**Q** 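Looking at a model with acetylsalicylic acid; I have a few questions.
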Amino acid sequence: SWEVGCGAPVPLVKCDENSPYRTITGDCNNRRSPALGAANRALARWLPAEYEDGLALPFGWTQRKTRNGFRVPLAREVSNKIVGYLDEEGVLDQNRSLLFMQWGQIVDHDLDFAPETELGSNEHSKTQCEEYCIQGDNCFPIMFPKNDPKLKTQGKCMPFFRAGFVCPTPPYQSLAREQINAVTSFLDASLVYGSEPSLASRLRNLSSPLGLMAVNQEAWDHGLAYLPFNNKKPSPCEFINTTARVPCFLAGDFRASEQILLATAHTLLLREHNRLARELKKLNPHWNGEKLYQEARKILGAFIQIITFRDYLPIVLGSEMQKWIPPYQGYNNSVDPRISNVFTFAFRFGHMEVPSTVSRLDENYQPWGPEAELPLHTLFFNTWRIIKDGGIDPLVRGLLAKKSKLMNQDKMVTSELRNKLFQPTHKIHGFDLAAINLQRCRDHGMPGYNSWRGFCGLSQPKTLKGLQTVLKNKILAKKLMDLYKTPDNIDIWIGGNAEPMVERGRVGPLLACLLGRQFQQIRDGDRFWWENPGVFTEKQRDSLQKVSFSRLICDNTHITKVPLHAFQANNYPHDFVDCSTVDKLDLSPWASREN
Ligand code: HEM
Ligand SMILES: *[C@@H]1O[C@H](CO)[C@@H](O[C@@H]2O[C@H](CO)[C@@H](O[C@H]3O[C@H](CO)[C@@H](O)[C@H](O)[C@@H]3O)[C@H](O)[C@H]2NC(C)=O)[C@H](O)[C@H]1NC(C)=O
Ligand SMILES: *[C@@H]1O[C@H](CO)[C@@H](O[C@@H]2O[C@H](CO)[C@@H](O[C@H]3O[C@H](CO)[C@@H](O)[C@H](O)[C@@H]3O)[C@H](O)[C@H]2NC(C)=O)[C@H](O)[C@H]1NC(C)=O
Ligand SMILES: *[C@@H]1O[C@H](CO)[C@@H](O[C@@H]2O[C@H](CO)[C@@H](O)[C@H](O)[C@H]2NC(C)=O)[C@H](O)[C@H]1NC(C)=O
Ligand SMILES: *[C@@H]1O[C@H](CO)[C@@H](O[C@@H]2O[C@H](CO)[C@@H](O)[C@H](O)[C@H]2NC(C)=O)[C@H](O)[C@H]1NC(C)=O
Ligand SMILES: CC(=O)Oc1ccccc1C(=O)O
Ligand SMILES: [Ca+2]
């Protein structure tokens, strides 16, 4: 007895059916089931949700009710006893650049977003939750354990709001609570253009027929464009330096200004759209604005898919790559392309790959300025350092020359994110991303670690000795048992991230399985996948294979020296070469005659 009635919170419309362009909402990708993969719908469930009361309450909500007979430990204690570390030396990945971490965040934001609950404009819940830590409704505070230094200095808890769910959002109940994915599931560049009709339109430059995206009008970066500023005050980007008063950037995705390197990436993409756009007009002068926009847009979608599948996943999945994502075989209308709820947690392996600093390099790739190396936390929601401190070129050089942080069992997440994370909404640099993650696993009703091992067909340890062998680490296995009492209670996020990495990969077996299946699906169930016969012509695909992130760089900055393989670790100047030597995307194949 199914239930697929429930729905409304969804912006729907009719389909075009022989239209060559994806919709903004993702609707109509699948002809037989039109809303599959669309934005503003529930995340798919690969396993049933697991709640304290079986429907909506998170585990750890009712301090008396246990999970399999035990109390589940506070997310912050786990963060404190297993995730933190003090010494940053020796923690960098010797063969993965800072761009490796950054692309991951970009693919992520393209695929999923479960925003927090509102009903809170002009709200005191907004305060009944930060001031007094009273648990209730959508307020599910992260309590501080005894002996936490934040006690003495911050309060009794860290505010936290539950994720949105469907059918409504206010006081609801009935079936099992399913969170929302506010963006399209397909890998389609929805982060550049938006996932809603409204925002997509406001992002475009409609005062002219060139099919370009709107650009900042207050500042330019050496003639090159900037994303436009965001309308909405109170702005967090201006709260961090009330003298600079530079607002956040307005983009296709709302998290765009979370950190300066993510904003840099968004800018690089915006720029490529316009470039691609003025170039296409030049070869087909009669094309109107719509055609220029959709056509460029489609090129860029094919770009992100290529870099992701050809250059990125192979070094995340490693030797497991082929075990989950076999050679492409054509569109499969039976493959469900929805992003699963657990994937949004599996993809968070990236948080343990973020180093404590971001650097800026001048043109010889040497420290730019005196205070060239900044601590990560000073850059959450920091747009002023771009606009008033050198543009994006210095940051892009850092992306190519610095390394990512390597995941390590005794040194998982940097304190820059574990104690000094900045929320939009709040006023301090004192949040814990690691604790938020664990708290979100429960909010989302995730099955424990062992449920997912079974799912992936991997052993399921029940004993300390069992866990030691799987984690191949006596001590961590130990900390994990003292806190969880049973491996069946270990939250998927930490359980999955504590495993050793597979050969040539950056994630372990459980994650490789969870990541691998998800990507296989968004590829096989995407009617618009770039390799799908009829989407692009044979000659257009031969052109699209020469796309390189190195090139994306050369064409949209004033950097003339770039690595050939921008994801592996490269040393300047030996591994860098003149832009003049890098393959360019050939567009003549897009030229469409007449008569
Ligand atoms: C600061 C933050 C980052 C870097 C300086 C950062 C980075 C990443 C990378 C590199 C990811 C994948 C390779 C990745 C995935 C996901 N993130 Fe994270 N991220 C920073 C900050 C946050 C915050 C805060 C959240 C929200 C947590 C919450 O539950 O409230 C966050 C989320 C996610 C996320 C879930 C997305 C969703 O579907 O709602 C990832 C898959 N990041 N980040
Ligand atoms: C740093 O990471 C690099 C990537 O993980 C790695 O180099 C890669 O090694 C693989 C080994 O299989 C090779 O991969 C390519 O080999 C042929 C081309 O000769 C292709 O047809 C294959 O499909 C495959 O893509 C490459 O030599 C290289 N891959 C790339 C994309 O550059 C380095 O070995 C790592 N450094 C160290 C010290 O381990
Ligand atoms: C808030 O943003 C301010 C910039 O908008 C920033 O101050 C700026 O940064 C430095 C001061 O530390 C100045 O630049 C340096 O270079 C000039 C070159 O002309 C030299 O004369 C000085 O050595 C100078 O330090 C900027 O001019 C300065 N701008 C202003 C208006 O002060 C603040 O530091 C930011 N505040 C925080 C807390 O981040
Ligand atoms: C929309 O596009 C138009 C045309 O490309 C932009 O107008 C040009 O802006 C630059 C700098 O202002 C200059 O070349 C001219 O002032 C404009 N040229 C023309 C032909 O109008 C305009 O800036 C864009 N609008 C937005 C909001 O980005
Ligand atoms: C298209 O995708 C479907 C769904 O993933 C594949 O279906 C599996 O195929 C086997 C053999 O027919 C079935 O017995 C299983 O029930 C299916 N497994 C699952 C988990 O659904 C199918 O193989 C794909 N077909 C092509 C031609 O690519
Ligand atoms: C999802 C992500 O990367 O988002 C954020 C994290 C901390 C604070 C703000 C945001 C945001 O999107 O506004
Ligand atoms: Ca998308």
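In order, the residues displayed for chain A correspond to 1-595 in the PDB entry numbering, which applies throughout. Note that ligands are numbered from 1 as they come in the structure, with each ligand's atoms numbered from 1 the same way. Below, all heavy atoms of this structure are taken into account, side chains as well, without hydrogens, waters or symmetry copies.
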**Q** Which ligands or chains belong to acetylsalicylic acid?
**A**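 In this structure, ligand 6.
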**Q** Counting heavy-atom pairs within 4.5 Å, which chain has the most contacts with acetylsalicylic acid (ligand 6), and what does the PDB entry call it?
**A**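 The chief partner is Lactoperoxidase.
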**Q** Which chain positions lie within 4.0 Å of acetylsalicylic acid (ligand 6) by heavy-atom distance?
**A**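 By heavy-atom distance, those would be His109, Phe254, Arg255, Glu258, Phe381, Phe422, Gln423, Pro424.
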**Q** Provide the nearest UniProt active-site residue in chain A relative to acetylsalicylic acid (ligand 6) and the minimal non-hydrogen distance to 1 Å.
**A**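 Closest UniProt active-site residue (heavy-atom distance): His109, 3 Å.
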**Q** List acetylsalicylic acid (ligand 6) atoms under 4.0 Å from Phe422, heavy atoms only on the residue side.
**A**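 What qualifies from acetylsalicylic acid (ligand 6) is 7 (C), 8 (C).
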**Q** Name the UniProt heme b-binding residues of chain A with a heavy atom closer than 4.0 Å to acetylsalicylic acid (ligand 6).
**A**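 Going by heavy atoms, UniProt's heme b binders that qualify: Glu258.
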**Q** If you have a sec, work out which protein heavy atom is nearest atom 8 (C) of acetylsalicylic acid (ligand 6) and how many Å separate them, to one decimal?
**A**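 That would be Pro424 CD, 2.8 Å.
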**Q** Write out the residue and atom name of the closest protein heavy atom to atom 13 (O) of acetylsalicylic acid (ligand 6), then the distance separating them to 0.1 Å.
**A**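 Looking only at protein heavy atoms, the one closest to atom 13 (O) of acetylsalicylic acid (ligand 6) is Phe381 CZ, 3.7 Å.
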**Q** Starting from atom 11 (C) of acetylsalicylic acid (ligand 6), find the nearest protein heavy-atom neighbour and note its residue, name and distance.
**A**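 Going atom by atom, the protein heavy atom closest to atom 11 (C) of acetylsalicylic acid (ligand 6) ends up being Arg255 CA, 3.8 Å.
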**Q** Quick check: what organism does the entry name for chain A?
**A**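 It's listed in the entry as Bos taurus.
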**Q** Among all the protein's non-hydrogen atoms, which is closest to atom 5 (C) of acetylsalicylic acid (ligand 6), and how far away is it?
**A**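 Going atom by atom, the protein heavy atom closest to atom 5 (C) of acetylsalicylic acid (ligand 6) ends up being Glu258 CG, 4.1 Å.
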**Q** In the protein, which heavy atom is nearest to atom 7 (C) of acetylsalicylic acid (ligand 6), and how far is it?
**A**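 Protein heavy atom with the smallest distance to atom 7 (C) of acetylsalicylic acid (ligand 6): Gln423 NE2, 3.1 Å.
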